[PDB]
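Structure showing ciclopirox engaged by Capsid protein.
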There are 6 protein chains.
Amino acid sequence: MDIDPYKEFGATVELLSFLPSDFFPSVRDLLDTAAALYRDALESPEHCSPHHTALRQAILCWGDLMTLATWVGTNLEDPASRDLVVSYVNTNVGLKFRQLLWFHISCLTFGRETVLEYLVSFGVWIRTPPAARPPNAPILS
Amino acid sequence: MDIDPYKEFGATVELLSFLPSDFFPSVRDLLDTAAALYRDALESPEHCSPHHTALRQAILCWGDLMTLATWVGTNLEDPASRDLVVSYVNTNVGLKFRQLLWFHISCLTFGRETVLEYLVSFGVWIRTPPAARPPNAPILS
Amino acid sequence: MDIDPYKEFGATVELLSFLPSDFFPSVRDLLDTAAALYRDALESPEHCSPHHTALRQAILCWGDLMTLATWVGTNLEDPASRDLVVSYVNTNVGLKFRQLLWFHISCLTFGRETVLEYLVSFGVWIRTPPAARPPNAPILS
Amino acid sequence: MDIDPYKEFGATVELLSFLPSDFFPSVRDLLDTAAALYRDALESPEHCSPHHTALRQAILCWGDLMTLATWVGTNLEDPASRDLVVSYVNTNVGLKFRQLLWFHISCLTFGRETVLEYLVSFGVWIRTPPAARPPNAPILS
Amino acid sequence: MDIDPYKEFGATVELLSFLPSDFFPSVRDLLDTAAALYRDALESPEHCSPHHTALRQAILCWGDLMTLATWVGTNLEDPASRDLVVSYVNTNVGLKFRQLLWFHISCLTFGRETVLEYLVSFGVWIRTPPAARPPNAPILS
Amino acid sequence: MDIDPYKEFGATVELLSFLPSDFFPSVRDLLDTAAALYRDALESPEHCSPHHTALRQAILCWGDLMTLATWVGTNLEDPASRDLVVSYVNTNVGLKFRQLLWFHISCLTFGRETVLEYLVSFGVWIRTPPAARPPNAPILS
Ligand SMILES: Cc1cc(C2CCCCC2)n(O)c(=O)c1
Ligand SMILES: Cc1cc(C2CCCCC2)n(O)c(=O)c1
Ligand SMILES: Cc1cc(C2CCCCC2)n(O)c(=O)c1
């Protein structure tokens with residue numbers, strides 16, 4: 001199967017990649033934010049939205065990878081192999097979760113279409129060279 | 001956060017664990033089944049159901065976990081740890097995906113309440129010793 | 001005192017012993033089943049039934065013996081003596097708890113009189129030699 | 001499961017622990033008292049009350065725990081562990097049965113609410129230092 | 001700032017010191033009593049009273065000192081320095097918390113003015129030499 | 001007991017921790033501010049508000065913690081432990097008092113709901129990278 005997790009939400013993997021990697025917050029900071037803003041609704045027994053259902057699975061999969069790292073470190077008593085697995089996750093998969101977490105959190109706070117219009121505006125703005133581009137970047141509040 | 005991926009779908013992790021792990025199909029067989037029955041709807045740009053949204057994220061995360069296992073199998077220096085980490089990924093996180101994939105596929109084909117009634121009936125049936133239990137097990141339809 | 005825990009529930013220790021010991025599920029499997037079917041009612045602040053009150057005390061006494069084993073193993077640092085205490089419990093008292101747990105769980109799911117009629121029917125059936133006895137045994141279901 | 005044997009009887013483990021352990025009678029003395037006051041009803045084929053059902057299971061489990069202690073005292077090879085395991089059974093699980101036996105006997109003789117009001121009054125009284133506390137302690141009526 | 005924690009409650013540090021230190025229960029016993037009598041209201045989301053607000057901060061500060069002791073003992077692996085910090089707390093600050101805990105608990109159970117009248121009566125009584133003073137001391141109730 | 005000092009005031013420990021620790025003023029500066037703005041009311045014999053009662057206990061407990069730190073700095077024999085225990089008191093328990101002092105001062109000057117709305121807005125703002133976030137941060141007034 002060729003599945004795009006953004007496709008049912010009016011976006012695509014390409015559109016998210018349009019933003020530079022450095023622009024996304026850390027996974028840690030996005031999880032703290034998900035809690036801060038939406039802990040009650042995430043843990044609730046209501047399908048509040050597709051964004052909520054998407055966020056739940058993503059948070060639990062990141063959860064599984066962190067349980068694996070801890071398990072390797074303490075249960076296998078092998079911190080070296082632990083450090084390699086953390087390094088592999090952060091290098092190879094961290095960006096994907098950063099994009100996905102940011103996208104679904106941003107979509108809930110600011111609204112879906114606002115986040116889309118913001119991806120195009122910011123990518124244009126950032127690519128425009130410093131001299132040419134307006135000093136005040138596009139904002140979502 | 002304490003999130004339960006089954007909680008928004010009227011179930012829980014405990015209820016799913018009530019079925020013995022050996023009685024779930026393989027991940028490979030569930031993915032082929034997901035395709036066989038629902039490839040068009042999974043790949044579509046419509047939020048067909050929370051089951052569809054849940055399945056999409058799970059199917060995509062499994063890809064990443066299998067790339068991790070392969071990577072560990074080639075790249076992990078310590079022979080003691082390596083085979084254990086591959087085994088843990090394939091079987092221990094494998095069981096979670098087997099439960100989740102089976103649950104969401106079963107819920108779409110046969111209906112949510114049918115799947116729930118079936119979990120309780122089968123767990124009781126399987127635990128009942130051979131002599132005591134009916135010869136014909138409970139059937140999903 | 002000569003107390004029979006089955007006497008207030010229309011049965012006796014003799015009637016329960018009428019079933020072969022091999023016929024009962026494991027303690028572990030009966031506790032998982034008690035949870036699966038009745039966790040909410042067991043933990044509730046209502047005397048739902050004498051079966052519930054009986055189950056609560058039995059589950060907690062098994063609980064106490066398992067806390068003792070763990071305590072011997074980890075707190076006294078003596079796994080050898082741990083293994084002897086587990087072995088003593090499983091050979092000497094496990095059958096009693098298996099009979100009692102099965103009885104009170106079976107009485108709640110299928111109804112008290114049904115379970116009684118089933119004890120007599122099954123004991124007769126199992127004692128009748130293989131050649132002579134019907135192929136389909138009595139079923140509680 | 002998190003089961004509280006006092007919860008269905010309007011109390012909790014915390015409330016019972018509010019009384020110092022030294023102020024409960026011996027298990028032996030509570031069993032003799034249970035007999036003295038209620039032998040006929042305990043041994044009867046009627047569910048006289050939840051207190052009666054609770055008492056029956058507790059009295060029967062104490063028998064098993066005392067057979068375990070005796071067995072450990074003769075059969076446990078390791079002298080360090082043996083005396084500690086006997087001591088743990090007699091005193092540490094002994095306190096639980098002392099609390100539970102006293103509670104259910106006291107509830108039958110004096111009434112449930114009277115026993116509850118008495119737990120709070122006595123715990124306050126005993127903790128208040130000799131100088132500060134009234135000479136007449138609370139009495140069970 | 002010169003702040004008196006008793007001043008807003010119609011008392012002072014001097015008036016509390018009027019009672020001998022030996023008269024107060026242990027911190028441990030007052031915390032168990034605070035729980036026993038008021039766990040629900042202390043943990044609740046209502047400002048039940050200034051006594052409740054005062055008690056919450058005091059219980060949490062004692063909590064912080066006990067987390068420090070544990071941290072020194074286990075995390076710094078230094079039980080010696082642990083023993084010195086516990087000794088310093090118990091000799092230097094324990095009386096203050098004993099006075100404050102007793103005061104706010106006593107004020108809630110027996111009423112504020114009753115506790116005040118009781119401080120003066122008891123201090124007079126205790127200072128009156130044994131021969132001269134009534135045999136029955138003043139009682140809180 | 002699980003007590004939250006913010007729970008009575010419509011907030012929680014999690015919500016306060018949402019702000020980075022570095023963005024709170026020093027304890028010294030918050031105490032000078034508490035004096036500057038509210039010395040008369042804090043030292044007064046009126047329960048002006050729950051915020052005032054909370055502040056009084058916290059300000060008095062900080063005194064005791066600073067006497068402990070000084071005492072450890074002169075009197076703790078083990079050089080390894082001593083600097084770590086002073087550092088832990090000043091920074092780690094310091095953060096708790098910084099959060100609590102700031103919270104209760106901010107609640108009195110600007111109003112409770114304003115402070116809450118400000119915690120969420122600022123945490124979001126600070127976590128969102130410079131490029132994404134508005135140049136003007138949220139302001140307390
Ligand atoms: C765990 C489990 C799984 C199934 C499925 C196994 C294979 C696919 C369809 C049913 N069943 O029938 C069980 O009883 C228990
Ligand atoms: C918990 C408890 C129990 C008793 C009973 C022990 C024997 C039966 C009557 C009292 N007393 O006297 C207490 O103070 C406290
Ligand atoms: C953690 C923290 C603290 C403050 C206060 C710092 C100074 C006192 C008033 C606000 N602010 O403004 C933040 O954004 C974050």
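Just so it is clear: chains get the letters A, B, ... in the order the sequence lines come, proteins before strands, and each one is counted from 1. Both ligands and their constituent atoms are indexed starting at 1 by order of listing. Atoms considered below: every heavy atom in the structure, side chains included; atoms not considered: hydrogens, waters and symmetry mates.
Going by heavy atoms, the other chains that come closer than 4.0 Å to ciclopirox (ligand 1) are B. The entry gives the source of chain B as Hepatitis B virus genotype D subtype adw.
Applying the 4.0 Å criterion to heavy atoms of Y118(B) picks out, from ciclopirox (ligand 1), the atoms 11 (N), 12 (O), 13 (C), 14 (O).
Not one N or O of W102(B) is nearer than 3.5 Å to an N or O of ciclopirox (ligand 1), by distance alone. Within the 4.0 Å heavy-atom shell around ciclopirox (ligand 1) one finds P20(B). In summary, the atoms of ciclopirox (ligand 1) found under 4.0 Å from a heavy atom of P25(B), numbered by their order in the structure, are 6 (C), 7 (C), 8 (C). Under a 4.0 Å non-hydrogen cut-off, the residues that form the binding site of ciclopirox (ligand 1) are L19(B), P20(B), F23(B), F24(B), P25(B), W102(B), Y118(B), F122(B).
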